[PDB]
> 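Structure of interest includes progesterone; see the questions below.
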Amino acid sequence: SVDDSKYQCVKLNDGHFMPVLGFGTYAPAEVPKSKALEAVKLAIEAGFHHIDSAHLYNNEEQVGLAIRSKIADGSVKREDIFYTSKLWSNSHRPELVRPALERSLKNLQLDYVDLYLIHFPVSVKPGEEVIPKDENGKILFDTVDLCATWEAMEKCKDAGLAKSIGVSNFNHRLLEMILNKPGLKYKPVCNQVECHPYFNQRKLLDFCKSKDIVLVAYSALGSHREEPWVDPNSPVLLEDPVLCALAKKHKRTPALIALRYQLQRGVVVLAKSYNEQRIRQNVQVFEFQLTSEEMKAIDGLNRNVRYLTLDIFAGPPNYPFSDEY
Ligand SMILES: NC(=O)c1ccc[n+]([C@@H]2O[C@H](COP(=O)([O-])OP(=O)(O)OC[C@H]3O[C@@H](n4cnc5c(N)ncnc54)[C@H](OP(=O)(O)O)[C@@H]3O)[C@@H](O)[C@H]2O)c1
Ligand SMILES: CC(=O)[C@H]1CC[C@H]2[C@@H]3CCC4=CC(=O)CC[C@]4(C)[C@H]3CC[C@]12C
């Protein structure tokens, strides 16, 4: 309202600017994928300028319609929306990268994405199934050199189909593999990974900072907690007593504390909500600040709780979460 023409962004290592608060669009299987349309419209209306999705989420038709609808009605311009998609692991083969991006863009009915990520570093066999399995129920993994996948990502950026390219769920070793690649043209702008006060990623964050790679935090509110992907006996982040005490002190909410913690440590933070009140609330992250002693307290919550292990993909050497970081 006073001035919605400006918003907080960070400069990426390719010269583009990423808004530091992103809207998460994934919703669990029981929610119809038609509900994404209204939520993204509300997010844009509330002041979200970064919107995160993926081929895998099966929502790109709805997400794209929401964005085009808010442009067509004058609420926002394309250049003031930062839209992220992701390449699913059935399309890591380098010949399949551009086809997967074009398919996303066709669903979205947008001419480009602002950011395209390698979704998850374990490759699976190509085909229409997102999770291909053999007669024994075993996932059919694929042997793909991610360096060759990255080259294909770079060509997407050169063709203008993605303004920026980055990675997701990469560990130290995998990031170094890309950074040391022969003939590297574009460093990844970001590594999008799980990050919240119970798994604050300080080692991986500092490695990213040392390379001017932005860490983008997912499940920053403690995740969707969807079974079987998240164990229901994992601790509920937003019931943490230090977060709740800080929220009460600031007259905010635990969610807001968790989001603000990320902003102050130089992380770009995602937040999914399909609720009008919570969508609005989340944008209050820009209205208050945490002191150094509050930030120290939150750092003290770190406790090795990874909600999303994605261990259905464990086994191959690119499985990213068996290394320390
Ligand atoms: N790269 C990847 O592999 C990957 C993996 C996971 C996620 N992501 C991305 O990151 C996004 C966020 O992660 P997430 O989906 O795990 O969820 P998340 O943002 O951590 O949030 C989880 C929950 O918080 C609730 N919530 C939101 N605002 C709240 C508030 N102010 N107070 C209380 N509760 C609040 C939501 O419910 P309500 O909706 O009911 O408000 C939602 O169930 C995803 O949607 C996706 O875009 C990426
Ligand atoms: C965003 C997220 O947490 C990811 C991690 C694992 C992903 C799921 C993995 C299994 C899967 C297979 C499908 O066929 C539909 C999408 C789903 C149900 C995925 C939805 C998005 C998930 C839940």
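Numbers for residues simply follow the sequence, beginning at 1. What's counted below: heavy atoms across the whole structure, side chains too, no hydrogens, waters or symmetry copies. Indexing begins at 1, ligand by ligand and atom by atom, following the structure's order.
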> Which instances in the model belong to progesterone?
ligand 2
> At the binding site of progesterone (ligand 2), which chain contributes the most contacts (name from UniProt)?
Aldo-keto reductase family 1 member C2
> Write out the binding site of progesterone (ligand 2) as chain and residue number, heavy atoms closer than 4.0 Å.
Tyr26, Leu56, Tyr57, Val130, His224, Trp229, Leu308, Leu310
> In the protein, what heavy atom is nearest to atom 23 (C) of progesterone (ligand 2), and what distance, to one decimal place, separates them?
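Looking at atom 23 (C) of progesterone (ligand 2), the protein heavy atom closest to it is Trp229 CD1, 3.6 Å.
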> Note down any other ligand or ion with an atom under 4.0 Å from progesterone (ligand 2).
ligand 1 (NADP nicotinamide-adenine-dinucleotide phosphate)
> Where does progesterone (ligand 2) share space with the UniProt NADP(+)-binding residues of chain A, that is, which have a heavy atom under 4.0 Å from it?
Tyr26, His224
> Find all atoms of progesterone (ligand 2) within a distance of less than 4.0 Å from any non-hydrogen atom belonging to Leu310, and give their numbers and elements.
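Once the distances to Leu310 are compared, the set is 5 (C), 6 (C).
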> By number and element, which atoms of progesterone (ligand 2) are closer than 4.0 Å to a non-hydrogen atom of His224?
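With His224 as reference, the close atoms of progesterone (ligand 2) come out as 2 (C), 3 (O).
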> Write out the residue and atom name of the closest protein heavy atom to atom 13 (C) of progesterone (ligand 2), then the distance separating them to 0.1 Å.
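Here the nearest protein heavy atom works out to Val130 CG2, 3.8 Å.
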> Can you pull up the source organism of chain A from the entry for me?
Homo sapiens
> Relative to the heavy atoms of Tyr57, which atoms of progesterone (ligand 2) are at a distance of less than 4.0 Å?
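In order of numbering, the contacting atoms are 1 (C).
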> Look at atom 4 (C) of progesterone (ligand 2) and say whether a protein heavy atom is found at less than 4.0 angstrom from it.
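No, there is none.
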> Nearest UniProt active-site residue in chain A to progesterone (ligand 2), and its heavy-atom distance to 1 Å?
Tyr57, 4 Å
> Is the closest protein non-hydrogen atom to atom 15 (C) of progesterone (ligand 2) under 4.0 Å?
no
> Does progesterone (ligand 2) approach any residue of chain A that UniProt lists for substrate binding closer than 4.0 Å (heavy atoms), and which?
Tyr26, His224, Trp229
> Filter the progesterone (ligand 2)-protein atom pairs down to N or O on both sides and distance under 3.5 Å, then list them.
residue                 : atom  : partner : partner atom : Å
progesterone (ligand 2) : 3 (O) : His224  : NE2          : 2.9

